[PDB]
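Bound complex of Sulfotransferase and oxamniquine.
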Amino acid sequence: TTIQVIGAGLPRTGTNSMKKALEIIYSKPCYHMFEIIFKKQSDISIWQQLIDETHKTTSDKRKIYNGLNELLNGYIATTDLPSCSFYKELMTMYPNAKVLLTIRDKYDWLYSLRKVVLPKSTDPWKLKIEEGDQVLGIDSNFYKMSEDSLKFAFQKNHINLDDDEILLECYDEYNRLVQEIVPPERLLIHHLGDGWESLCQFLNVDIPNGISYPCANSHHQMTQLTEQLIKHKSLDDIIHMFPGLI
Ligand SMILES: Nc1ncnc2c1ncn2[C@@H]1O[C@H](COP(=O)(O)O)[C@@H](OP(=O)(O)O)[C@H]1O
Ligand SMILES: CC(C)NC[C@@H]1CCc2cc(CO)c([N+](=O)[O-])cc2N1
């Protein structure tokens, strides 16, 4: 088992649906932030170490390659933060792996990002997200790793995360650089709604017979999850309300 597909798309661009789609195609696990949050919170400090390594004057690329290889052992693919921020390193480690860039309208993306992943620090909803996350054992260590991974993706040290104009241009910039760095024959750009056919051709497989392309992880559902985590204080007690999410 080795990485076949490197997902370079940013959070809220359909990465969880792509994760599920790749697991359907290959019948092997794909990495995603949900793997960290719901299955392996122990990985948070490992990711934090790697991102930190990138902030050294002279970063040790072999330390990073080895960390990545450790983290992704047994996975056939990667999507979402924090792995997407390392797509260049992943490309080097796995020269035969193809690259996917999931993408969507930037304004739709920002609204989705604000409601689920990166609320403004002035948003009361941020406190609700944090309360719900405590139920899952998710705390400041997680938030620091995820924010750091985003800043690493965007290649910014000091950045005002609360500024929508900065995020919007960072988003466009990120997507543009992926297209300029990855050779076109090694890259598929997948827009929301594109479904199986460009993906499957790209990966040299048939369209899965009678299996629909996944449509997962909407902001409405994530808002509901937060609301129910706060209300019932137990993931196990509410997971029947969220089929196919985790
Ligand atoms: N097959 C599909 N078609 C359209 N939108 C999809 C989709 N799969 C996922 N999405 C959208 O992708 C976003 C989540 O992406 P990610 O998994 O990276 O967090 C959500 O957007 P919204 O929050 O606007 O509803 C979700 O609704
Ligand atoms: C469990 C949920 C109710 N609260 C956790 C939230 C939503 C899921 C999530 C997903 C990502 C990337 O998909 C990131 N991220 O990259 O910062 C952060 C978070 N945080």
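Residue numbering in chain A adheres to the PDB entry, whereby the residues present occupy positions 21-266 in order. Ligands are counted one by one from 1 in listed order, and the atoms in each one are counted from 1 as well. Structure method, as recorded: X-ray crystallography, 1.8 Å. What you see below is based on every heavy atom in this structure, not just the backbone, and it leaves out hydrogens, waters and symmetry mates.
- The location of oxamniquine, copies and all, is ligand 2.
- With the cut-off at 4.0 Å and only heavy atoms counted, the binding site of oxamniquine comes to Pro31, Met53, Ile57, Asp100, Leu101, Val136, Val137, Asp153, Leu156, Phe162, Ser166, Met242, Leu245, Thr246.
- The nearest protein atom to atom 13 (O) of oxamniquine, hydrogens excluded, is given as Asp100 OD2, 2.6 Å; this is a heavy-atom distance.
- Closest protein heavy atom to atom 20 (N) of oxamniquine: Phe162 CE2, 3.9 Å.
- Considering backbone and side-chain atoms together, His52 places no N or O closer than 3.5 Å to any N or O of oxamniquine.
- Scanning all protein heavy atoms for the shortest distance to atom 17 (O) of oxamniquine gives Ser166 CB, 3.1 Å.
- Nearest protein heavy-atom contact of atom 9 (C) of oxamniquine is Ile57 CD1, 3.9 Å.
- For oxamniquine, the polar-atom distance check against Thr246 finds no nitrogen or oxygen pair separated by under 3.5 Å.
- The closest protein non-hydrogen atom to atom 2 (C) of oxamniquine is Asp153 OD1, 3.5 Å.
- Against a heavy-atom cut-off of under 4.0 Å, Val137 is close to the following atoms of oxamniquine: 10 (C), 11 (C), 14 (C), 15 (N), 17 (O), 18 (C).
- Looking only at heavy atoms of the protein, atom 16 (O) of oxamniquine is closest to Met53 CE, 3.2 Å.
- Going by the entry, the organism behind chain A is Schistosoma haematobium.
- At distances under 4.0 Å from oxamniquine, no other ligands or ions are found.
- The distance from oxamniquine to the heavy atoms of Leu156 drops below 4.0 Å at these ligand atoms: 1 (C).
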